[PDB]
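Take a look at the structure below.
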Amino acid sequence: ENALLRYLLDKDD
Amino acid sequence: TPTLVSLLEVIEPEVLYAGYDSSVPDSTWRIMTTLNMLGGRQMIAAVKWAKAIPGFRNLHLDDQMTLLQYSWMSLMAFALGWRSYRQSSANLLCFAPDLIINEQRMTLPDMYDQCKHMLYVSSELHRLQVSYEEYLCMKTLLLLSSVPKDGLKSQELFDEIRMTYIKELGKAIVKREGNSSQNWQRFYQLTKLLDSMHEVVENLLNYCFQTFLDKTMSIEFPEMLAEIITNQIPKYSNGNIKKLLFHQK
Ligand SMILES: C[C@]12C=CC(=O)C=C1CC[C@@H]1[C@@H]2[C@@H](O)C[C@@]2(C)[C@H]1C[C@H]1O[C@@H](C3CCCCC3)O[C@]12C(=O)CO
């Protein structure tokens, strides 16, 4: 799944 | 227009503190747990770092995830080697300014065997007198050191990005102002150290995976690390990893 890494890559900063 | 090496320098994360209380006695368990917590925070900073490396964000989002998940231990152990090289020169493992594996900590049971693969990294950086510009190029190349056996979605662009940073490493070496023969030798030496990081990492991941999987050890990992570890363990099992080498075996 890798939800957290995906989010850190998708978010701004 | 700024140089590419100056762009890599300006995005270098700030050194993080472990939050380790020196007034409380040491234990290997306490140190391992604190380091996993530190490692999680360093990996959050590594994501922010990678996103700012020129070219990285142009790769398919799945490739960005793949590269960070393959290379995470190589990046941590390499930056650890650099901090240990700059701080001690003696040398000790300088995980954070408040958490150094000093001589008293080295007396903990089997501590030298637990530290030697990481101490090798700093020892080599010291021996080769690696510069800050060489280091910045080398660490970026470690993010690009492994790919899936079938390759990435943006394989052509990845190969172009990778060649760009190999050439950047070349530029950093030329600044040491040796002759063409000394430049070739230095390029061989630095790229051999890069290849040796795959072997350092296999040792570190053997330890990391054992402590993550054995729940009877009561060794906690933060969510950032637990997610990467959970993702990587099947990939090592099914041989879905191509370790890129500068020098064939
Ligand atoms: C990522 C890590 C954290 C911060 C840092 O700066 C560098 C790293 C790279 C090596 C990373 C480190 C931490 O997680 C802790 C790890 C994951 C370690 C490799 C394993 O080695 C043991 C040793 C390290 C020497 C002191 C005693 C414990 O700790 C690890 C472990 O398995 C614990 O469960």
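Heads up: chain A is whatever sequence line comes first, chain B the next one, etc. Sequence positions for chain A are given in the PDB entry numbering; the residues included correspond to 741-753, in order. The residue numbers of chain B are those assigned by the PDB entry, with the residues present covering 529-777 sequentially. Note that ligands are numbered from 1 as they come in the structure, with each ligand's atoms numbered from 1 the same way.
- Most heavy-atom contacts to ligand 1 in this structure come from the chain listed in UniProt as Glucocorticoid receptor.
- PDB records give the name of the drug at ligand 1 as desisobutyryl-ciclesonide.
- The heavy-atom neighbours of desisobutyryl-ciclesonide (ligand 1) at a 4.0 Å cut-off, by chain: B.
- If you check which protein heavy atom lies closest to atom 17 (C) of desisobutyryl-ciclesonide (ligand 1), you get B/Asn564 OD1, 3.5 Å.
- Scanning the protein heavy atoms around atom 29 (O) of desisobutyryl-ciclesonide (ligand 1), the nearest turns out to be B/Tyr735 CE2, 4.5 Å.
- Here the heavy atom of the protein found nearest to atom 25 (C) of desisobutyryl-ciclesonide (ligand 1) is B/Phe623 CZ, 3.8 Å.
- UniProt domain boundaries put most chain B contacts with desisobutyryl-ciclesonide (ligand 1) inside NR LBD.
- For B/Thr739, a nitrogen or oxygen atom sits less than 3.5 Å from a nitrogen or oxygen atom of desisobutyryl-ciclesonide (ligand 1), counting backbone and side chain alike.
- On a distance-only criterion, B/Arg611 and desisobutyryl-ciclesonide (ligand 1) share at least one N/O pair closer than 3.5 Å.
- Atom 3 (C) of desisobutyryl-ciclesonide (ligand 1) has its closest protein heavy atom at B/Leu563 O, 3.5 Å.
- The binding-site residues for desisobutyryl-ciclesonide (ligand 1) (non-hydrogen atoms, 4.0 Å) are B/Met560, B/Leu563, B/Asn564, B/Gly567, B/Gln570, B/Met601, B/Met604, B/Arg611, B/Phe623, B/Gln642, B/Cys643, B/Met646, B/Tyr735, B/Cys736, B/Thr739, B/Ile747, B/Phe749.
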